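Here's the structure, in structure tokens; my notes come after.
Chain letters correspond, in order, to the sequence lines: A, then B, then on. We're sticking with the PDB entry numbering for chain A, so the shown stretch reads 1-99, in order. Chain B uses the PDB entry numbers throughout; the residues present, in order, are 1-99. Heavy-atom basis, side chains included; hydrogens, waters and symmetry copies ignored. Whatever order the structure lists ligands and atoms in, that order sets their numbers, starting from 1.
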Number of protein chains: 2
Amino acid sequence: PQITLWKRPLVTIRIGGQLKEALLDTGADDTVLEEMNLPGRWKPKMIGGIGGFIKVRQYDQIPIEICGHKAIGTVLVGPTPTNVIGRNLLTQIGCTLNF
Amino acid sequence: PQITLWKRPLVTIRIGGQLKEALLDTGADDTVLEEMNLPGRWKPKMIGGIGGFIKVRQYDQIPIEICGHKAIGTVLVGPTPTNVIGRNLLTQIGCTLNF
Ligand SMILES: CC(C)CN(C[C@@H](O)[C@H](Cc1ccccc1)NC(=O)O[C@H]1CCOC1)S(=O)(=O)c1ccc(N)cc1
């Protein structure tokens, strides 16, 4: 599907039988989700945003469905103002910018 | 043009005779550029993201050239780690997301 940008590019994602809303963010290198419980061994990590660095929990090889498109990769969970799908998963579903 | 996301979507932008590298960011509602002395009246503002908030100066009606594409709109100037071209300007040059 082709998405215009007059509105926030929000999509419904499915992760762990749960349905959440997330923003397709080409400005984020990684995928960062709001606090939630994911299964598996996670490792502490720190990422930097526009306002500074935060601590997050890193989960590897996580299956996530983005508008019916399957991706399997790294997902960071922590204090983000909103769920964002970064380039690590966008590239998996073949997302590109056009103009 | 078609930009893939294997790497950061960096592009060349022209502002006030100055050419800079900026990120095409569908995740940014508004454009935010690193500190620079732009002429004109401006309004103080606080924007937040990962890590918290930063104070920026809002300028309106600023002419910008994104990869040879003419655009004119609001621009936020402050201590941002990275220059970001947001949806406000992305919609102007007809940029879309595809997959
Ligand atoms: C989705 C959230 C974070 C909100 N914004 C968009 C994001 O794309 C933002 C862009 C950015 C990249 C690198 C350094 C600094 C900023 N990336 C971000 O945090 O990347 C992290 C998450 C994983 O990988 C790296 S924002 O920058 O706060 C923002 C908010 C308001 C305006 N008006 C303009 C920009």
Task: PDB drug name, ligand 1 - done: amprenavir
Task: Name in UniProt of chain in most contact with amprenavir - done: Protease
- [ ] Name every other chain with any non-hydrogen atom less than 4.0 Å from amprenavir.
- [x] A, B
Open item on the list: Heavy-atom pairs closer than 4.0 Å: do any link amprenavir to the side chain of B:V32, the backbone, both, or neither?
Closed with: side chain
TODO: Give the contacting part of A:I50 toward amprenavir: side chain, backbone, both or neither, where contact means a heavy-atom distance below 4.0 Å.
DONE: both
Open item on the list: With heavy-atom distances below 4.0 Å as the criterion, list the atoms of amprenavir near A:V84.
Closed with: 1 (C)
Open item on the list: If we only consider heavy atoms of B:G48, is any one of them less than 4.0 Å away from an atom in amprenavir?
Closed with: yes
Open item on the list: Give the atom numbers and elements of amprenavir that come within less than 4.0 Å of a heavy atom of B:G27.
Closed with: 5 (N), 6 (C)
Task: Heavy-atom proximity of amprenavir to UniProt active-site residues in chain A - done: A:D25, 3 Å
Task: Nitrogen or oxygen of B:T80 less than 3.5 angstrom from that of amprenavir - done: no
- [ ] Record the residue and atom bearing a covalent link to amprenavir.
- [x] none
Task: Species of chain A according to the entry - done: Human immunodeficiency virus 1
Task: Contact (N/O only, under 3.5 Å) between B:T82 and amprenavir - done: no
TODO: Tell me which protein heavy atom sits closest to atom 10 (C) of amprenavir, plus the residue, atom name and distance to 0.1 Å.
DONE: B:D25 OD2, 3.5 Å
TODO: Check whether any N or O atom of A:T31, backbone or side chain, sits under 3.5 Å from an N or O atom of amprenavir, and answer yes or no.
DONE: no
Task: Contact atoms of amprenavir, heavy-atom distance to B:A28 under 4.0 Å - done: 34 (C), 35 (C)
- [ ] Show which atoms of amprenavir fall inside a sub-4.0 Å distance from at least one heavy-atom site of B:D30.
- [x] 32 (C), 33 (N), 34 (C)
- [ ] Please name the UniProt domain of chain A carrying most of the interface with amprenavir.
- [x] Peptidase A2
TODO: Output yes when the distance from some N or O of amprenavir to some N or O of B:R8 is under 3.5 Å, and no in every other case.
DONE: no
Open item on the list: I'd love a list of the residues lining amprenavir within 4.0 Å - heavy atoms, by chain and number.
Closed with: A:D25, A:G27, A:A28, A:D29, A:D30, A:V32, A:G48, A:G49, A:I50, A:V84, B:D25, B:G27, B:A28, B:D30, B:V32, B:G48, B:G49, B:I50, B:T82
